[PDB]
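Report on the structure given below.
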Amino acid sequence: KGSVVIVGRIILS
Amino acid sequence: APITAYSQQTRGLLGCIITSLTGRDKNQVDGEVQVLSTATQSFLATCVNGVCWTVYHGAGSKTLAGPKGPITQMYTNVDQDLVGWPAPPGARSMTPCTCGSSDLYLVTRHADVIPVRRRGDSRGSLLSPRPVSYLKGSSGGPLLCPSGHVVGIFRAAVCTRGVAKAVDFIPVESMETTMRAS
Ligand SMILES: C=C[C@@H]1C[C@]1(NC(=O)[C@@H]1C[C@@H](Oc2cc(-c3csc(NC(=O)C(C)C)n3)nc3c(Br)c(OC)ccc23)CN1C(=O)[C@@H](NC(=O)OC1CCCC1)C(C)(C)C)C(=O)O
Ligand code: NA
């Protein structure tokens, strides 16, 4: 029942 | 290399455990790639045309914690190891590469950019080999052409004795097929 969680992000350039 | 990246963490151990249970994430979303976690594993999602795509061996059938509660997968293809959720609002949606370049760039969870040589539809050679441990946790990460468009997402590492010399990826073409079939 557990959700996947966003723990961070990556910014591109 | 042309393309560069950096990361920002948004949550820690406790907040992740809680958010996993409640399925509600109120954090503002940003970036082209989301760093994801479950109870056992970490992986990446690349957002392409309003959908954030990742691997089944990472997400299984799970929802993604969202601002309005859990988000149900929009696309689920166990045999291609591909799933996609509707992309949360602030997520920066990338554009599919259609010209197909020879030189590719793999973005890892560490926000390193690794040069790759395309070897076929879904395979790419590392120009210099890296430890497997270095790539672990980066499934779902984008392979980009120099222009910054997405050609595929990282699925599996080709390796021997803990050293990876190439990567297997899901081509954006596969994402087309799944969407159409649904
Ligand atoms: C080292 C990092 C690499 C990127 C990484 N990936 C991974 O860890 C992936 C996940 C798993 O590989 C696959 C799983 C599933 C899969 C589908 S469903 C499922 N699981 C379930 O249904 C469970 C509920 C049981 N697994 N489908 C695949 C498919 Br389709 C492929 O098609 C060409 C290729 C590999 C697949 C093993 N692996 C590998 O990278 C492994 N490599 C490997 O399998 O070699 C690849 C095969 C194609 C080219 C060479 C290894 C490094 C652990 C030895 C990661 O970080 O997770
Ligand atoms: Na970087």
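Chain letters follow the order of the sequence lines: the first is A, the second B, and so on. Numbers in chain A come straight from the PDB entry, and the residues shown are 220-232, in order. To match the PDB entry, the residue numbers of chain B are left as they are there, and the shown ones run 1-182. Method reported for this entry: X-ray crystallography, 1.9 Å. Start at 1 and go down the list; that is how both ligands and their atoms are numbered.
- Lab note: most contacts to ligand 1 come from the chain UniProt lists as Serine protease/helicase NS3.
- Present at ligand 1 is the drug BI 201335.
- At a heavy-atom cut-off of 4.0 Å, other chains contacting BI 201335: B.
- Within a 4.0 Å radius of atom 34 (C) of BI 201335, the protein contributes one or more non-hydrogen atoms.
- Of the listed options B:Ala157, B:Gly141, B:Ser122, B:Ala157 places a heavy atom closest to atom 43 (C) of BI 201335.
- For the pair B:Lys136 and BI 201335, the shortest N or O to N or O distance falls below 3.5 Å.
- Nearest to atom 15 (C) of BI 201335 by heavy atom, out of B:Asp81, B:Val158, B:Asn77, is B:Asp81.
- Counting per UniProt domain, chain B has the most residues touching BI 201335 in Peptidase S29.
- Protein heavy atom at the shortest distance from atom 57 (O) of BI 201335 is B:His57 NE2, 2.8 Å.
- Atom numbering of BI 201335 starts at 1 in the shown order; those under 4.0 Å from a heavy atom of B:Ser139 are 4 (C), 5 (C), 55 (C), 56 (O), 57 (O).
- When only non-hydrogen protein atoms are considered, atom 30 (Br) of BI 201335 lies nearest to B:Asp79 O, 3.0 Å.
- The proximity of B:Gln41 to BI 201335, defined as any non-hydrogen pair under 4.0 Å, does not occur for either the backbone or the side chain.
- Ranking protein heavy atoms by distance to atom 12 (O) of BI 201335, first place goes to B:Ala156 CB, 4.4 Å.
- Distance remark: protein heavy atom not present below 4.0 angstrom from atom 23 (C) of BI 201335.
- Atom 48 (C) of BI 201335 lies below 4.0 Å from at least one non-hydrogen atom of the protein.
- For chain B, the active-site residue flagged by UniProt that comes closest to BI 201335, at the heavy-atom distance given to 1 Å, is B:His57, 3 Å.
- Here the protein heavy atom with the shortest distance to atom 56 (O) of BI 201335 is B:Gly137 N, 2.9 Å.
- For BI 201335, no covalent anchor to a chain is modeled.
- Among all protein heavy atoms, the one lying closest to atom 9 (C) of BI 201335 is B:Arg155 O, 3.5 Å.
- Residues of other chains with a heavy atom under 4.0 Å from BI 201335: B:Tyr56, B:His57, B:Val78, B:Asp79, B:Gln80, B:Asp81, B:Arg123, B:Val132, B:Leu135, B:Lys136, B:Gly137, B:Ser138, B:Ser139, B:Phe154, B:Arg155, B:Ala156, B:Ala157, B:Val158, B:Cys159, B:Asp168.
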